[PDB]
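Opening notes on acifran bound to Hydroxycarboxylic acid receptor 3.
Residue numbers run from 1 in the order of the sequence given. Both backbone and side-chain heavy atoms feed into the values below; hydrogens, waters and symmetry mates do not. Both counts, for ligands and for their atoms, begin at 1 and track the order of listing.
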Amino acid sequence: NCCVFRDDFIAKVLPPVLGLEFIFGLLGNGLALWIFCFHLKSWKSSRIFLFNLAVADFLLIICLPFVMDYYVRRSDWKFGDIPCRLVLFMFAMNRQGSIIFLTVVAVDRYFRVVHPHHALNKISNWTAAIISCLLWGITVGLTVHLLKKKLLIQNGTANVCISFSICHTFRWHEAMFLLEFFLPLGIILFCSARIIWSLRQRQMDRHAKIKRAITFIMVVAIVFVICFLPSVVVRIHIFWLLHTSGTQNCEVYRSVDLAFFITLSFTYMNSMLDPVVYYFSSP
Ligand SMILES: C[C@@]1(c2ccccc2)OC(C(=O)O)=CC1=O
């Protein structure tokens, strides 16, 4: 009897917003994959990591119509009782996989400006594919547990495919939702701080085009914070009522859960702005 409910205001927000993001997501990341496969004449180590970033976003954009149909049925999973776990495993894997390949690019850019002579900058394509394959391995390590757990809680006659329910339990999925964001913020922000400082200490900033390069190092951090921070702060807010003054009354959870469910739409926006900021902007 965990806190699960639905409202009508979200039905006037999510179906238009989620559908609109799907149009931009498919045209953006779909076109980006076209250039990588048939227009990139030299596949270096740096472009390999960026390619995986587009694959993760595309695997999430293709699943946007399925989750969109969930709301239009008044929050009812009409079909796919077993695919409910599948359609949710493909969502957390894409979200976490995008973050992992988002920090790697930031880490890769850090080693090219602060340690120009390091041997890591000259790794061959294969070595950049063995590392990339191992990164995909750890993505499913923290996500395949969705299949083991049972899902589709029945509210009498309705079906809801939700794993972010506001119920007082030490769930690994909820805890991993907080580690997937705080830890990269301690690496992405730190790496982007030295890149925007080493390029300034050595006076390379002035009288060069590199001003644009410094600008887009901060743009990446801005997009990451805007897309993921609001979802986290409303998740921690739920934990406050869950730990103290909660677990009994479901009315206090109504406001936060509705905000959390809507704020989750911020996450599928980083999969739309990534081709605009990462690939297309760069020459
Ligand atoms: C909205 C939702 C979803 C996913 C697939 C099918 C229905 C609903 O997306 C997530 C997620 O982004 O991880 C958790 C969900 O409950």
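The entry models no covalent bond from acifran (ligand 1) to a chain. Listed by UniProt number from the N terminus, the transmembrane segments of chain A with non-hydrogen atoms under 4.0 Å from acifran (ligand 1) are 2, 3, 7.
Applying a heavy-atom cut-off of 4.0 Å to acifran (ligand 1) picks out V67, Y70, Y71, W77, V87, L88, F91, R95, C161, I162, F261, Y268.
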